[PDB]
K.L.:
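Please take a look at this structure featuring methotrexate.
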Amino acid sequence: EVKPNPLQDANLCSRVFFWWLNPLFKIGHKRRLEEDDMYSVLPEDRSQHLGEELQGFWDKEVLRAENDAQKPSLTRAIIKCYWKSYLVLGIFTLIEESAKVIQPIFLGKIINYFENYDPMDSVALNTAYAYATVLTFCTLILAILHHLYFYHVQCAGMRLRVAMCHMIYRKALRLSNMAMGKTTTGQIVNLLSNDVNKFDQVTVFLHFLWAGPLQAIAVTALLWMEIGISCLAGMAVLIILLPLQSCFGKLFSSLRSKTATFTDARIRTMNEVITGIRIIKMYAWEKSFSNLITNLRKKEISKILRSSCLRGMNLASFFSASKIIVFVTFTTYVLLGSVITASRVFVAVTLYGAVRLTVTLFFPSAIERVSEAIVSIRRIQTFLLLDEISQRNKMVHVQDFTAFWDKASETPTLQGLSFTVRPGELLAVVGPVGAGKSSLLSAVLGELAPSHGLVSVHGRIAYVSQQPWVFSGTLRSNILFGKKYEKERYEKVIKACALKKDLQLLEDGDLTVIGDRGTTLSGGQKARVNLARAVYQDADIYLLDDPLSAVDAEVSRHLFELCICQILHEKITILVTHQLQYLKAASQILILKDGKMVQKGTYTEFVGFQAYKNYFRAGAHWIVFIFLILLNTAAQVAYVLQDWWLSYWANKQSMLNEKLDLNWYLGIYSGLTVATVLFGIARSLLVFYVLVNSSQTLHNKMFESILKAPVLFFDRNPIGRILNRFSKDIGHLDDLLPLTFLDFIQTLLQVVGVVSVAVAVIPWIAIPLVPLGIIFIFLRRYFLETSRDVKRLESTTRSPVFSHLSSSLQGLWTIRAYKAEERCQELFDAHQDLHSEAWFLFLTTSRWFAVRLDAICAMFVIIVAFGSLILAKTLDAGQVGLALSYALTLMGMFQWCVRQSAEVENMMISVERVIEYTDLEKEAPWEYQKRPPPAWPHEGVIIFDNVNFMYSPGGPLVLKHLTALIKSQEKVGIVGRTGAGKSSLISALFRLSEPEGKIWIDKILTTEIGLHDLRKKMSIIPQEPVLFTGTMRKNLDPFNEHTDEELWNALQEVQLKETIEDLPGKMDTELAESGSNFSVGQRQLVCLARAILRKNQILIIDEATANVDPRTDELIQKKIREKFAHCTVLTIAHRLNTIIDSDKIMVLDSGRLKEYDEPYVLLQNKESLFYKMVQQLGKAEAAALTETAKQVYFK
Ligand SMILES: CN(Cc1cnc2nc(N)nc(N)c2n1)c1ccc(C(=O)N[C@@H](CCC(=O)O)C(=O)O)cc1
């Protein structure tokens, strides 16, 4: 292999510690890794090998099933070939679990030493060191050897996932055409992308479906030896935590599903704002959508907050459950008439610490994951059983042929069909239109099968489809398509396909990589690509669909005149083209109508601390975080002081031979338990409140920024980029970041609690702990700066796998036509076994960190266990029991604390990306203090004076020195060349970018007044209409100033009234999304209604009606002239008859006012560009317009 893998040769002492992985980090610490630096997978894990294992068992299972006449199931096959070897990892699960229940038994015997401490008894001390020794080995088993096991049970999921993806692909080639009607690309790619992805998860915990239950028995049996019948009270309070956890699971999932409606409703409404942001600004409707989204967000936070506070009680249960389970036991243990003893309780405290995770976390997660992963296997089992293409098998012969696309009541798609063609014979075909024209050709391939009659084909086949097809690779490779690079034949076809020049001139030659999903090439090349691919095959048979040759062009000739008519003419070619004049090339022409063969004759028949503090201080006043810090510490100090109190009671009890007053010692105990639950609850609710309240504040500050952003911003950023921040980023900020942040903080205090009791009880342990702190923080940087790349490579290598499946599935007939399936099969393995290289690093790099990180806290357990026995003279039974019963938890929590530190610091990028918009550069204020007088714009005088306009500041001048007088109520036609002037005159007049010079409206300086003063008083009919998702009333008047009778008047005048009055809600009918229930012309009629309602003294037409059919265009042109006769009107137009009667016309070119006069006075100057443009009409209509103009102005 090109990339050797050290795991093939590592000695066991190396691949237990992942010592073999160190060379990857020395690279990644110097350089950002690349896909060439990753190790190749083991021979055991190559996709080709896994597929041809499991496919064999699945084949046997299908064969067995039909012999039994009992339904096959895939879940038997993926067992019968992993049962052999996944159960081996089950054996090593025992010693992993047995460690968790043997440390507490030796933990008793070390504490039992201090209860019986004799300074001079060397034998007891040496005996205690026996128990202390095995306590580290039970710890090192659980900390070090566990990570080799846990790597292998993740690998058993990778091996299964790639075996499945390979069988899905092996099937997805051979799906019958029938099954291709049932399925769709999105469904089969969902198997690869969504469903088989579950098989990494199922295999991790799967052993807990037995080892977990067995362990819960084991801990109960031990405790019954240790603390008697009270253990049943403890275990019961643990077991009844299963249904409560399940109740929460259902309940917050229920609220989650509810929020998804408003999240979807917000985002889709947000999508309209970002798409239409130009049109929304022009109408000054920014206040409306501000209110509309604001009410959707309030209806969402009222449920996100309610669910999040519900998750607060959940996390408080994970925190506080151990303290409650302990409390009810020891309370019961004393109330049943017994006395606490430090050994007997720190054994029992530790055992609940072991079994709690298994019963509440791993065993329920195992049941959940296996439940949903078997949903996946049942979907895949449904897919594998789809019906599949039957075996097909210089000459083609077809007789009496009749077939259907499916067995149905529709007529046969081919009828009576028969023909024969032989070497030297060319066929051509004429047939249906607007239908599966290819149907005959597909029949010759066998993508449709005869219902009656016969087809036989004896040569190797080549084929082309009206849809071009190209897949992952170089353009050359698509042409070579698995054959050798025979340069002369290649050059001959590359010449004959008129490809050479265009390929080198436009796509840098055949070495160019074809972009993903084929995005690189132009269609006319991609068309030629198919023919070039086809003719390169040197097959015998050439079934040629039309290569989009319907354009009259030299290529559309040369491909036929040379390559077909001279080179290919001897080959068995069957040709379709709209260029039917070429049919004279045929030896025989098949002519069909509606799928009936009718004629057969020849032609002769014719992130950093700055980000965190902005996120936090947006959430609450800094004093609230001071109060939060007390709740964090007070929750934890209650948590530790509960267990210190249990140890203190043991010291008092063990100083007695009188009796302790249980009404006191249980009194304070229950206070500390109730305190730790209450502060455990109150912490979790408070953090969720403060952080969710931040997300509400960041959104509302950020959305108001988007509206005030200038149109330049939405030109600079594509709408997908902007909306994504409202979808994902301001999603995380309340869906998941508060939950992850609390989970980190909650556990981080747990770890600090462990080192605190350890250092408080054994004071010197701070001295070696400082190296451990110094070692850890060095290692986190050394790791994460390379782990971050492996996370990135794993994602970047994912999407080609699906891209190849999608691309292949879009082109199946072309693949099968050459029978070249195993070529596109092996190319999937080269994609699959490249993601497995990036995934194999994802597993083992996380395991490398977790091994070294657990060496730190396995050393800590060593330091406390031996440190206590070295320092035994000073210690006491209780305090050692405290220190150890805590320290033995540490290697559980510390991994999770550090894991969540990477999720938060990673997810914090969504905070910085949102904040990047929170201060985006604003437009000028919507409403300056110098509001225009109540003598509002009234005359409609508009002055342009030296107007110079650029879209970007310092960009090219799109208008230069533009200076014009438009008198009151004048009608002005505006004309320009393609791209010259255009709507840019409007963008200035609405100040969508800042004009230099001055524009006056009734001698009001437009740059002084607020944009909502300016944009309300003028009005526009924009180039494309938009109907927003909402009521017809809101599409007419979202401020609801007008009566519906007046809305009926407006809808009447655009003649939409009765169509809208027929709607089931009349004015209050909510439109379909983007108003798809109305055609483009109807939407423009709505745009006219908006102006008709507002009755502005200035109207602007943005060339829009050129998109509209003449009958509605006439109605628009009519109603404008009748309703806005007193208005000043600007008419950007192309079709000069729309403006030939304008009191003046402006002609703009190159951003300059080339003509400005009465149109005929321009036509009177035959040198004028307006006269030239009128003559460039090229028809006597120029005279009719000239006479029309003349009459208007001579009158
Ligand atoms: C103490 N603690 C906090 C925590 C978080 N969520 C919970 N959720 C439940 N239902 N119950 C809990 N006790 C619980 N506890 C922990 C402890 C260990 C691991 C943990 O080790 N998780 C591993 C298990 C594998 C391993 O690393 O050993 C994983 O799959 O990520 C997580 C959280």
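Numbering of residues begins at 1 and proceeds along the displayed sequence. Reckoned from all heavy atoms, side chains included, excluding hydrogens, waters and symmetry mates. Counting convention: from 1, in listed order, for ligands and their atoms alike.
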K.L.:
What is the name, according to UniProt, of the chain making the most contacts with methotrexate?
P.N.:
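By contact count, the main one is ATP-binding cassette sub-family C member 4.
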K.L.:
List the transmembrane segments of chain A, numbered from the N terminus as UniProt lists them, that have a heavy atom under 4.0 Å from methotrexate.
P.N.:
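Short answer, by UniProt and heavy atoms: 2, 3, 6, 13.
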K.L.:
Most of the residues of chain A in contact with methotrexate belong to what UniProt domain?
P.N.:
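That would be UniProt domain ABC transmembrane type-1 1.
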K.L.:
What is the organism of chain A, as given by the entry?
P.N.:
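Source per PDB: Homo sapiens.
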